[PDB]
Peer 1: 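Okay, handing you the structure first.
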2 protein chains.
Amino acid sequence: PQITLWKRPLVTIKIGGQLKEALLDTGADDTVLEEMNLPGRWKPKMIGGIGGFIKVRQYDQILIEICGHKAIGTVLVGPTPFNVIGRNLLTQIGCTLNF
Amino acid sequence: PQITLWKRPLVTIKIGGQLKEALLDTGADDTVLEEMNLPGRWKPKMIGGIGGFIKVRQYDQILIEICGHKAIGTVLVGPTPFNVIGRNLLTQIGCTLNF
Ligand SMILES: CC(C)CN(C[C@@H](O)[C@H](Cc1ccccc1)NC(=O)O[C@H]1CO[C@H]2OCC[C@H]21)S(=O)(=O)c1ccc(N)cc1
């Protein structure tokens, strides 16, 4: 679909069999989700945002479904203000910016 | 044009008679630019993201040219790691997400 930006580009995602709301975020390299239980092993990592750096749990090769489109990649879990879908997954679903 | 998301969506912008590089950021409500000494009045503001909040100066009705597309609106100025063009101006240049 084509998504205009008059309001936040919020979409429903499916991860770990649960539905959630997330923000399509072209300014994010990586995908960062709010605290949640995800299966599989994870490694401690750090990620930096506008306000500094936070501790996150890095899950690799996670299946996420974004508006029906499937992606399999890295998901960082930690104290983010919002579920953000970053470019690592936006590329998988074939997302581009157009003006 | 069409901007893919393999790499950061960096574009050249023109603000206050200066050329800068900035992210086209669908995850930013409002445009935030690295510290610069714009003339005119401003209002204090705090904006938050990953890592917490930063203090910024809110200027209104600032003209910005993004890849030849002119826009005018709110520009926040502060110690951001990156110039980001937010939805408040992305809508003005006709920018959409497409997948
Ligand atoms: C977290 C979002 C809901 C909001 N952010 C925009 C977002 O695109 C930032 C924009 C951004 C980009 C680079 C550096 C700082 C902030 N990206 C970001 O935090 O990404 C992190 C996860 O992937 C990594 O890649 C970049 C940093 C990491 S934000 O920078 O904090 C922000 C908040 C409010 C406004 N008006 C403008 C910007």
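Chain letters run A, B, ... following the sequence lines, proteins first and then strands; every chain starts at 1. Heavy-atom basis, side chains included; hydrogens, waters and symmetry copies ignored. The way this entry was determined, per its header, is X-ray crystallography, 2.0 Å. Atoms within each ligand, like the ligands themselves, are counted from 1 in listed order.
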Peer 1: Drug at ligand 1 - which one is it?
Peer 2: darunavir
Peer 1: Name the main binding partner of darunavir (ligand 1) here according to the PDB entry.
Peer 2: Protease NL4-3
Peer 1: Which other chains make heavy-atom contacts with darunavir (ligand 1) shorter than 4.0 Å?
Peer 2: A, B
Peer 1: Using a heavy-atom cut-off of under 4.0 Å, does the side chain or the backbone of A/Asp25 touch darunavir (ligand 1), or both, or neither?
Peer 2: side chain
Peer 1: What organism is annotated as the source of chain A in the entry?
Peer 2: Human immunodeficiency virus 1
Peer 1: B/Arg8 versus darunavir (ligand 1): do any nitrogen or oxygen atoms come within less than 3.5 Å of each other?
Peer 2: no
Peer 1: Can you find an N/O atom of A/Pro81 closer than 3.5 Å to an N/O atom of darunavir (ligand 1)?
Peer 2: no
Peer 1: Counting from 1, what darunavir (ligand 1) atoms have a heavy atom of A/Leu23 closer than 4.0 Å?
Peer 2: 3 (C)
Peer 1: Report the binding site of darunavir (ligand 1) using a heavy-atom cut-off of 4.0 Å.
Peer 2: A/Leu23, A/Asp25, A/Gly27, A/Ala28, A/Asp29, A/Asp30, A/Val32, A/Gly48, A/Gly49, A/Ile50, A/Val84, B/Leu23, B/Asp25, B/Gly27, B/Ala28, B/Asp30, B/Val32, B/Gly48, B/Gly49, B/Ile50, B/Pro81, B/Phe82
